[PDB]
Amino acid sequence: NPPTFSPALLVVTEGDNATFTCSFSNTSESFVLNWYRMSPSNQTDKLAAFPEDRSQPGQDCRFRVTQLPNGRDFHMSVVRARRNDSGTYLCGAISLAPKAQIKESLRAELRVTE
Amino acid sequence: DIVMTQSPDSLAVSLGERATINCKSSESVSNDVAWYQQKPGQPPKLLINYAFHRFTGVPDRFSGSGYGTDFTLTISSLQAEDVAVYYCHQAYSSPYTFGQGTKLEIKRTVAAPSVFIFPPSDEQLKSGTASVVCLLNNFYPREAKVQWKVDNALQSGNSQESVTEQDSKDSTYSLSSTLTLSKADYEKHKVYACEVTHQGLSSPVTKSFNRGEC
Amino acid sequence: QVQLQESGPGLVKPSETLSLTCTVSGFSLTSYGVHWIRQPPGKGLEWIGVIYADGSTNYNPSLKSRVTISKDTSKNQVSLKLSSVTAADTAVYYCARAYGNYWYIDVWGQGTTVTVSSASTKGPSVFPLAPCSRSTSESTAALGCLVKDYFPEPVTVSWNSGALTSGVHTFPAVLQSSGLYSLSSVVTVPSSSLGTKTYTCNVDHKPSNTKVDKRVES
Ligand SMILES: *[C@@H]1O[C@H](CO)[C@@H](O)[C@H](O)[C@H]1NC(C)=O
Ligand SMILES: *[C@@H]1O[C@H](CO)[C@@H](O)[C@H](O)[C@H]1NC(C)=O
Ligand SMILES: *[C@@H]1O[C@H](CO)[C@@H](O)[C@H](O)[C@H]1NC(C)=O
């Protein structure tokens, strides 16, 4: 019962806003989402979390994650996307249940051109 | 500030078994905790990031879990090359503090030491001090008794021991005992014997050499 | 090849200002933050400070105002300066890279060890360790070399310039009654290989700029 990250690939042109959708089986209703960017060497970078944690070391208004009123899914948006931003992105859900697993979604690609 | 406390301080588990180290935070930290291993003399190397993610390139037997205040590093089938010290580190609020470290030593089968003795070098006796050295190679467990005898006069307190860390190939120790004397005291006598007792030997082992007969 | 190498004085006298540099290869300091971390002997890791990508700094409050972290991107260099040092500051200092937004420390330098002492530097003397009785019936032979009476740490010992590493044990340095350090480095070889191969141990000691290759054959 892991989350799913869509679309498999979206392209935007050196600016504007690019948004992905991550959907999850919100059973417990007491959990956290992380939004990661995986480097070409399979190294991961944590871009955001819902709910938000701290804006000190992790300061970047570029990546917003917002919850939609339906509850099942969430929007992962990069605002005004620089060409540095193009890369492979992934979703991750964690449930605070005593096992505290991290259910993990699939890759998704993002391009920026024009 | 924020204090990370690891449990236990040291930990001895046999090969192939599972090893767990726990780390708890005073203030809640939301999954910004990384696990690093560090062996003596080399820098720490990253094992787990984001409390759960296995870093790129680190073996599959390392896993992390936990969130908020309780976190666990778990090595599934522990093998010899994992003897090290393990540190949790929070990147949540400055100062970004570390755990105190947990030394993970491994429990092994009994192994008897190979014993050697070296007389003082000829270039060292001119300088006016003679150090005769006794070496114990590849033994386990760590407890071993080395005794110096000069013409069956047992030296009490002019020697020092030093022990390597557990070898990351075969999980044994090695120990070196240096007996220091003045040059006159050294060429005043004729027989030097290092005698070592360890659980892997049926009887104490004595290795010796005669003065100047080299 | 993401690399950090530290450099700095191996000996500083108390109340001096201690300066270390970290040269970087494989990334630019504009995009990554660099942390300085510290480790006293046998003690744990202590976080010293960080210089972020932009350039804003952040330090550990226990170092109330004695610490200053700067960087020069043109040289790919990060510099740490700590003022009014005491013997509480002798430790190994690592520089390390912080990776990603919501960061973690991924790549560490090799760390350089700094000793705070009014005492004077002294280089080691290295002596060969070979068995008195040349082996006869002994299947395995052990050689070594004793590095004695040096200060401060650390002393590096290789065998045959790194060509012989398997089965080498260099013991941790132990402190003598003189206040000086002394260690020994041994190697185990098959005794058939004693008459054919020459074994030279390569010791060097940085604070005193001492380099020695000692023959072991007796
Ligand atoms: C892009 O994202 C931010 C926040 O959602 C918003 O201020 C901006 O107007 C968005 N849309 C456009 C078209 O800029
Ligand atoms: C998860 O589910 C609950 C209902 O089960 C819903 O009200 C909530 O919006 C979802 N997420 C959170 C943050 O509670
Ligand atoms: C990309 O380069 C760096 C980070 O990769 C950043 O400072 C710059 O603003 C970005 N923008 C463009 C258009 O390259």
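Here is the naming used below: chain letters follow the sequence lines, and residue numbers restart at 1 for every chain. For the numbers below, each heavy atom of this structure counts, side chains included, while hydrogens, waters and symmetry mates do not.
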**Student:** List the drug name given for chains B and C.
**Tutor:** tislelizumab
**Student:** Which polymer chain has more close contacts with tislelizumab than any other, using its name in UniProt?
**Tutor:** Programmed cell death protein 1
**Student:** Report the source organism for chain A from the entry.
**Tutor:** Homo sapiens
**Student:** I'd love to know which UniProt domain in chain A has the most residues in contact with tislelizumab.
**Tutor:** Ig-like V-type
**Student:** So, at 4.5 Å with heavy atoms only, what does the epitope of tislelizumab on chain A come out as?
**Tutor:** A:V32, A:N34, A:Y36, A:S39, A:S41, A:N42, A:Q43, A:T44, A:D45, A:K46, A:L47, A:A48, A:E52, A:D53, A:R54, A:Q56, A:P57, A:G58, A:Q59, A:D60, A:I94, A:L96, A:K99, A:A100, A:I102
**Student:** Report the paratope of tislelizumab for chain A using a heavy-atom cut-off of 4.5 Å.
**Tutor:** B:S30, B:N31, B:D32, B:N49, B:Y50, B:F52, B:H53, B:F55, B:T56, B:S65, B:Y67, B:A91, B:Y92, B:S93, B:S94, B:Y96, C:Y52, C:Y99, C:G100, C:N101, C:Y102, C:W103, C:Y104, C:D106
